[PDB]
Enquirer: 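Take a look at the following structure, please.
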Amino acid sequence: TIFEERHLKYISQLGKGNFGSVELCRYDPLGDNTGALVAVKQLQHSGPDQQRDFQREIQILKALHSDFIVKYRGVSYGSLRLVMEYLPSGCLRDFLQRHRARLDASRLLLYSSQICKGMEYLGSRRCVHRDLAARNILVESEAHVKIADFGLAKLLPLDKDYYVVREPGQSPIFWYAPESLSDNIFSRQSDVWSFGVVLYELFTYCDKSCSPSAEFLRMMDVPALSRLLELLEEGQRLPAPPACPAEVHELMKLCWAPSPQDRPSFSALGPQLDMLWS
Ligand SMILES: *CCC(=O)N1C[C@H](Nc2ncnc3[nH]ccc23)CC[C@@H]1C
């Protein structure tokens, strides 16, 4: 659970995100290149708010125990770094693009069921992910996906089922629920809206030409956020992906219900995805 700074050997950059970076390191106490590979997150540059938010992320991940959530390994102190298991297949978005001629509808349904099971578990922990997208899902194997990146995650108080953010988000706007776009309201029901966008991503194999951004922009002087909110309020939605099974498209539409209270729960979605055959 405690990793010594001097034994973590830098190998390469895995990613850069919101005020932080994830690096591939080898935890090599023998110094002979035989140690295990780990994914290590740290804050890129100082900030008091970012530091509090980083400690929050570590506290959230440390207490999550699911086959469908990236495993917390430990921390290194200077909390300097968050140590996690390394998944060499990487993000689901790039994985789907490379293996599209190999993965069938059954396989996409299996991934959908696994993400929905991880999300049902997050909900049971009163955790709001706030950044669910195929780029934030990791691939353990050909038949196993895991939710990652809890950098924007929040724990709901026992007496409040949503939360309000002071400043508007910094993520691509095409995954946000209408209530998040209009009032900065986030809940487990806005994670359900984002999951509908994840299902769309899976069934387009994350093809850039019909991505949520390429397609919403194509359907779209007025600000882009306000224009997307206008489209959504009118009842306009992303179209059924090419060759998408009708039942899968119908589920995406339920996730995209205008009112958060009308969206299905992750517990109700789960058996439905499993019935379609995971
Ligand atoms: C989309 C490109 C991609 O693979 N990622 C994931 C990467 N994070 C990561 N990779 C492997 N193992 C891990 N364990 C925890 C986090 C990771 C960061 C950049 C992008 C999003």
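So for chain A, numbering is the PDB entry's, and the shown residues are 815-892, 897-1038, 1043-1100, in order. Atoms considered below: every heavy atom in the structure, side chains included; atoms not considered: hydrogens, waters and symmetry mates. Whatever order the structure lists them in is the order used to number ligands and atoms, beginning at 1. Technique stated in the header: X-ray crystallography, 2.0 Å.
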Enquirer: Drug at ligand 1 - which one is it?
Expert: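 That's PF-06651600 (bound form).
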Enquirer: Look up in UniProt the name of the chain making most contacts with PF-06651600 (bound form).
Expert: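 The main partner is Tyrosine-protein kinase JAK3.
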Enquirer: Extract the binding site of PF-06651600 (bound form): heavy atoms, cut-off 4.0 Å.
Expert: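 By heavy-atom distance, that gives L828, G829, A853, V884, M902, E903, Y904, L905, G908, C909, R911, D912, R953, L956.
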Enquirer: Do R911 and PF-06651600 (bound form) have an N or O pair less than 3.5 Å apart?
Expert: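 Between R911 and PF-06651600 (bound form), no N or O pair is found under 3.5 Å apart.
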Enquirer: Could you peek at the entry and say which residue and atom carry a covalent link to PF-06651600 (bound form)?
Expert: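 Covalent link at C909 SG.
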Enquirer: Which atoms of PF-06651600 (bound form) sit under 4.0 Å from any heavy atom of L828?
Expert: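 What qualifies from PF-06651600 (bound form) is 10 (N), 18 (C), 19 (C).
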Enquirer: Within PF-06651600 (bound form), which atoms have a heavy atom of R953 less than 4.0 Å away?
Expert: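 Per the distance check, 21 (C).
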Enquirer: By smallest heavy-atom separation, which active-site residue listed in UniProt for chain A is closest to PF-06651600 (bound form), and how many Å (rounded to 1 Å)?
Expert: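 UniProt active site, heavy atoms, to 1 Å: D949, 9 Å.
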Enquirer: Please name the UniProt domain of chain A that makes most of the contacts with PF-06651600 (bound form).
Expert: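 Those residues are mainly in the UniProt domain Protein kinase 2.
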Enquirer: Which species is recorded as the source of chain A in this PDB entry?
Expert: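 In the entry, the organism is Homo sapiens.
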Enquirer: Please confirm whether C909 comes within less than 3.5 Å of PF-06651600 (bound form) when only nitrogen or oxygen atoms on both sides are compared.
Expert: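 Checking PF-06651600 (bound form) against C909, an N or O pair does fall under 3.5 Å apart.
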Enquirer: Give a table of atom pairs where an N or O of PF-06651600 (bound form) lies under 3.5 Å from a protein N or O.
Expert:
residue: PF-06651600 (bound form); atom: 4 (O); partner: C909; partner atom: N; Å: 2.8
residue: PF-06651600 (bound form); atom: 12 (N); partner: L905; partner atom: N; Å: 3.0
residue: PF-06651600 (bound form); atom: 14 (N); partner: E903; partner atom: O; Å: 2.8

